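So that the names make sense, note that chain A is the first sequence line, chain B the second, and so on, each numbered from 1. Both ligands and their constituent atoms are indexed starting at 1 by order of listing. Any value given below was found using the heavy atoms of this structure, including those in side chains, with hydrogens, waters and symmetry copies removed.
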There are 2 protein chains.
Amino acid sequence: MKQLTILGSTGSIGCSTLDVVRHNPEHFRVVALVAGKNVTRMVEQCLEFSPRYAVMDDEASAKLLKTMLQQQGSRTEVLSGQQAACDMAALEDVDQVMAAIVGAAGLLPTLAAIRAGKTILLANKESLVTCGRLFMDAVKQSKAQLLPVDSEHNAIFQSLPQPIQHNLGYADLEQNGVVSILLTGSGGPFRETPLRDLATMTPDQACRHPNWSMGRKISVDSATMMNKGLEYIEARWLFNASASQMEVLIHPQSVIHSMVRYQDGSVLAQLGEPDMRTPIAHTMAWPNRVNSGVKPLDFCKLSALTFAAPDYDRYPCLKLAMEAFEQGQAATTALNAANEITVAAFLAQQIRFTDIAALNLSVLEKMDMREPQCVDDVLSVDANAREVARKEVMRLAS
Amino acid sequence: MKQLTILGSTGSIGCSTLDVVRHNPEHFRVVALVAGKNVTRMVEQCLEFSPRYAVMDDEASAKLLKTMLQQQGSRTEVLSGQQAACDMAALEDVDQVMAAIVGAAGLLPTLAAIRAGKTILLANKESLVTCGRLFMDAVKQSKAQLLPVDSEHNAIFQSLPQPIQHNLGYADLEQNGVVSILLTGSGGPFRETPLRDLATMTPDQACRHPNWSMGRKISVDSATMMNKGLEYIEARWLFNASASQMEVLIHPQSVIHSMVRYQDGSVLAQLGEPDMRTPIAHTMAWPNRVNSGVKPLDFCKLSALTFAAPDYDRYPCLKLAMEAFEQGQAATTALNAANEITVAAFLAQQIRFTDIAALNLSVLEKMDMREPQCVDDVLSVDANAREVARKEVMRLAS
Ligand SMILES: NC(=O)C1=CN([C@@H]2O[C@H](COP(=O)(O)OP(=O)(O)OC[C@H]3O[C@@H](n4cnc5c(N)ncnc54)[C@H](OP(=O)(O)O)[C@@H]3O)[C@@H](O)[C@H]2O)C=CC1
Ligand SMILES: NC(=O)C1=CN([C@@H]2O[C@H](COP(=O)(O)OP(=O)(O)OC[C@H]3O[C@@H](n4cnc5c(N)ncnc54)[C@H](OP(=O)(O)O)[C@@H]3O)[C@@H](O)[C@H]2O)C=CC1
Ligand SMILES: O=CN(O)CCCP(=O)(O)O
Ligand SMILES: O=CN(O)CCCP(=O)(O)O
């Protein structure tokens, strides 16, 4: 049996992860749950799975949680704060850490798991994007194995040969017959929206993905295709790919999750229902397999699968992220930090949908800072670009 | 470097194979070529690649070949007949044998390669279909590794995990997380032809595949979907799959070549241009990769990819083959033998297109014979069902 600490257990991926455990009691046991403010969800999960520990990031939420748990007679002890999260990710009995906190806030707890040599089920993409080579150095230095959870990177992982799978980010693609990595695809809920209508799209409209049920941040990133930009940066670190070995493709139907080109013409791909339990269960069981709760993909009830090239006028964010990689880690760290702030601003109805890409570009220009040489510098650049992002948000606020 | 005997070098797959060699002189060398009657093609290939030996099955064709070769000053020695083919497939210097003769005639030379412990690049599907468990017993008994060349079985092979790849036909699918094998797909050139028009389709119309350039036999089998029936039988032996672990799906566009379901919902698939150099080059280089001459599949210039369930009224042959597997090896051997005769009859304009499935059914009923216990019995059943098939052909001939 394998034992998990789940970071961000109350989110969409954390809930999908717990459902995989729920469908496989004899293979998986949850030792610790870690979240932020969602008390009702955490108390559902603590009473159900009886974890040893439960962390809420915010102190007042931990108090409410302990009151309900101690009333029912639960054995789950409640802690709080960032360091508690880091300690839960480094427990001796833990075999796997589902890194599924949203944004760069999940960096430090995820790095604690990596320093303790845990198997990292990596979903929290903003952490790798913002930390870059320093994240990959930390994994190599320790005894830790990265298993990508993100639909796209998991699909690519499953379509890569074993020398790559067993030396992720350090193996050579060309030596193993890989020409490029094909990153798909959805294109968001405003794919077919007229360009001049994009600015009037509300948060509720941006969070209604046709195929995916996700958190709010990641759903807005799907709409702007900043998600694909962040996954592009991430894929280059995860799979040791250069700009010329990367491709980006819109696939509206979200059936194909991503692909890998090979020298002989072959393209290996992962397919299935647009449902995160599948890739989550891939990593939890790898190199074996388990049932995830997802039913078999019925090919006779599908929409015709199409592909199209991404239009940078429709998706200014994609361009921002792809060029931020060429600009370096300071700009990338600054971009991700800015995108976190502007997406939050958009959801709070402070700015318009298309203001996300305008203000993101603005923050990047106003940032002038040295390339991070350590994790502290990564957080200093992140903190400083958030300050700038907030100022710009208020420059477009009613 | 690796050295090949190519069986059926002058056919469509043999030509595709030689083009892979042509694109990789430093990785591949042809020691021997083996064909039937196509003298102009064999003399092209002997003068180009300067093989040690060249076999033509028919004696008069070997004479014509030797005349031209000895005039130019070629070092290639010409032999003839079936035993010569078997000896070429068992030469000490040979590393790989491309089994690409059409029909059951390729059985014995392919079995010679298997007894000599060669790496079998298996394209000749009628040999495995007609020989069944006895073919798989011969491979296990020897030091031989099967690498499927057929578009579909190669795609499946590339989408299966390594324990299956390294113990093909003897490994357990369920233990390795495989739920089913998804076999696609094209549906032939008469897919959208009205049912009542099928009987007036000419040989020339049946050999015009939208996506594939193949030999005539295999193209008619695509039109009746007997090809998919033969690949269904073959897939069950190659990958140790039961009826419930097999699926059949029409995919008109021929972009996806076949897929594999997994327990967690995952479906791994191979994609690419409909071009046999790709899967051929997969096997020749495996587990490495080489260039095959096939360009990268442009996803932005594709037709929408559709899938549909096969209709047995449109494709009576598919039903015949799937049920012939339940009926045993004698019926399967008899069916394949009958289909060889009727497809030949159709191409020679002796019977109509839809007469293929009628006469195939007829032969099966009139056959009453014991299950083969050895290779000799397989050939006795094959020989006897050809006799019957010929009689039935003349019962519908003008
Ligand atoms: N959902 C999906 O289909 C996919 C998500 N991802 C990525 O995975 C990550 C998770 O996304 P998703 O689950 O959708 O986001 P959600 O908004 O649904 O949930 C995020 C989780 O993180 C927790 N969290 C936030 N801040 C902290 C903190 N500082 N300390 C500890 N926990 C915190 C939240 O707790 P709480 O809610 O209690 O406040 C919540 O449980 C993201 O980085 C996303 O980009 C990648 C591919 C797919
Ligand atoms: N073409 C394709 O895309 C695919 C083919 N296959 C299978 O692979 C095999 C090859 O098919 P394909 O190349 O299309 O067929 P072709 O008709 O194009 O060629 C068949 C080859 O076999 C040779 N041959 C026939 N009889 C004998 C004999 N008795 N002794 C030695 N050689 C002989 C022919 O020689 P000659 O022409 O000189 O008489 C020819 O070179 C078939 O079993 C087919 O089902 C499977 C998947 C795809
Ligand atoms: O894992 C899932 N994602 O990454 C979100 C996919 C939606 P997109 O393809 O529009 O980014
Ligand atoms: O390798 C190629 N084939 O098997 C022929 C494919 C055409 P079909 O899918 O119609 O059988």
J.: Give the name from UniProt for the chain that makes the most contacts with ligand 3.
T.: 1-deoxy-D-xylulose 5-phosphate reductoisomerase
J.: Look at ligand 3 and say which of fosmidomycin, clioquinol, alendronic acid, azelaic acid is there.
T.: fosmidomycin
J.: Give the letters of all other chains that come under 4.0 Å from fosmidomycin (ligand 3) at a heavy atom.
T.: A
J.: If you take every non-hydrogen atom within 4.0 Å of fosmidomycin (ligand 3), which residues does that pick out?
T.: A:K125, A:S151, A:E152, A:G185, A:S186, A:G187, A:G188, A:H209, A:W212, A:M214, A:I218, A:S222, A:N227, A:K228, A:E231, A:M276
J.: Which 1-deoxy-D-xylulose 5-phosphate-contacting residues per UniProt in chain A have a heavy atom closer to fosmidomycin (ligand 3) than 4.0 Å?
T.: A:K125, A:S151, A:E152, A:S186, A:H209, A:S222, A:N227, A:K228, A:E231
J.: Which UniProt-listed Mn(2+)-binding residues of chain A does fosmidomycin (ligand 3) come within less than 4.0 Å of, going by heavy atoms?
T.: A:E152, A:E231
